[PDB]
Amino acid sequence: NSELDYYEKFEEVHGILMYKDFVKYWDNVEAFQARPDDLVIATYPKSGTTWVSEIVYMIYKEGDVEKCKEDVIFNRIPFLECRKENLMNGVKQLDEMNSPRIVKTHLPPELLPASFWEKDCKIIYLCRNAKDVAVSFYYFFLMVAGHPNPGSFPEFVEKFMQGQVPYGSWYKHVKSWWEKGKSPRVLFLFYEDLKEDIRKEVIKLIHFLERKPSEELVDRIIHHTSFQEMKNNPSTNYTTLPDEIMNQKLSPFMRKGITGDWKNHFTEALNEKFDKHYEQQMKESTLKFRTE
Ligand SMILES: Nc1ncnc2c1ncn2[C@@H]1O[C@H](COP(=O)(O)O)[C@@H](OP(=O)(O)O)[C@H]1O
Ligand SMILES: C[C@]12CC[C@@H]3c4ccc(O)cc4CC[C@H]3[C@@H]1CC[C@@H]2O
Ligand code: NA
């Protein structure tokens, strides 16, 4: 029944569990044609995609806030593999888009369309500690259409540890992108670093994107992309979406925006179980995360 629910909502593509709506048109994703100046923003879901996207968009627009608010973020920065009737078609939206394109994806690097690798496109990868990701993803299941009932948080965390959620194992995702992040064309970032010292990360992003980091530009980005601003900005908070797609009365997209909400969700027993499993999955990696 829970399992039946998951069966109805998700199916695999290249071994990765995926939203069924996306899979139907996966040939369009597979065959997607990149352009050399495309920039990819890749993340495991609920890792701060929207946050870094808006930072990047600001950098592209030299901090012109009006330009950033002209259309909603999912139109400004198309969601590559996404496909929903009329509202979203990432491939279509990207095809018609003038360059320079910013491309959002949640794909593991093994599933990124070959054209992006072939054209040597720059990629920004952002990750977030798994426990906080799990919390954020849980509420996402609750409030967004296309998800099964996630049950209780402990039940959901069991599915998360097994990678039985859309986009698959968080563990394999971050580890694979960490290996890619050694390339000079791939910038590897942490949500917790953006929380701790936003100015440092913004400046890093500006240099990676080969633009000039003035104090005024950096200050405009920092306040424009702060959680309190983005929460109330209808271009970035997904509130233009109808309730039957995202029911933000249940849980808002811009939910809390902190590091450490896991502490308010994991029980002592669940934390012990998770931590032990995590160490087994991650011990052979030089990738290290902070949970506070
Ligand atoms: N400007 C910002 N500052 C801090 N966190 C942000 C943010 N914009 C979005 N987030 C957080 O990033 C998560 C959404 O990620 P994504 O864009 O990849 O779907 C949510 O986490 P929480 O549910 O823990 O609040 C959301 O609150
Ligand atoms: C496309 C949907 C709305 C947008 C949703 C979204 C929106 C943003 C994001 O980063 C991930 C996802 C995954 C699930 C998507 C949903 C699955 C069905 C629904 O129509
Ligand atoms: Na790199």
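Residue numbers run from 1 in the order of the sequence given. Each ligand, and each atom within it, is numbered from 1 in the order the structure gives.
The PDB lists the drug found at ligand 2 under the name estradiol. Of the chains in this structure, the chief binding partner of estradiol (ligand 2) is, as UniProt puts it, Sulfotransferase 1E1. Taking UniProt's list of substrate-binding residues in chain A, a heavy atom lies under 4.0 Å from estradiol (ligand 2) for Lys104, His106. Heavy-atom contacts of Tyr19 reach the following atoms of estradiol (ligand 2): 13 (C), 14 (C), 17 (C) (cutoff under 4.0 Å). The source field of the entry for chain A reads Homo sapiens.
Estradiol (ligand 2) is approached by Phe140 to a heavy-atom distance shorter than 4.0 Å. Applying the 4.0 Å criterion to heavy atoms of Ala145 picks out, from estradiol (ligand 2), the atoms 16 (C), 17 (C), 18 (C), 19 (C). Proximity of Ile245 to estradiol (ligand 2), defined as any heavy-atom pair under 4.0 Å, is confined to the side chain (atoms from C-beta onward).
Contact annotation for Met246 and estradiol (ligand 2): only side-chain heavy atoms (C-beta onward) come within less than 4.0 Å of the ligand. Below 4.0 Å from some heavy atom of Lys104 lie the following atoms of estradiol (ligand 2), by number and element: 8 (C), 9 (C), 10 (O). When heavy-atom distances are rounded to 1 Å, the UniProt active-site residue of chain A nearest estradiol (ligand 2) turns out to be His106, 3 Å. Within less than 4.0 Å of estradiol (ligand 2), the structure shows no other ligands or ions. Taking each of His106, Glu81, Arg83 in turn, the one with a heavy atom nearest to atom 10 (O) of estradiol (ligand 2) proves to be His106. At a 4.0 Å heavy-atom cut-off, estradiol (ligand 2) touches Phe79 through the side chain alone. Taking UniProt's list of 3'-phosphoadenylyl sulfate-binding residues in chain A, a heavy atom lies under 4.0 Å from estradiol (ligand 2) for no entry.
The closest approach between a heavy atom of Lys46 and any atom of estradiol (ligand 2) is not below 4.0 Å. With a non-hydrogen cut-off of 4.0 Å, the residues around estradiol (ligand 2) amount to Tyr19, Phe22, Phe79, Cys82, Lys84, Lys104, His106, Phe140, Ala145, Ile245, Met246.
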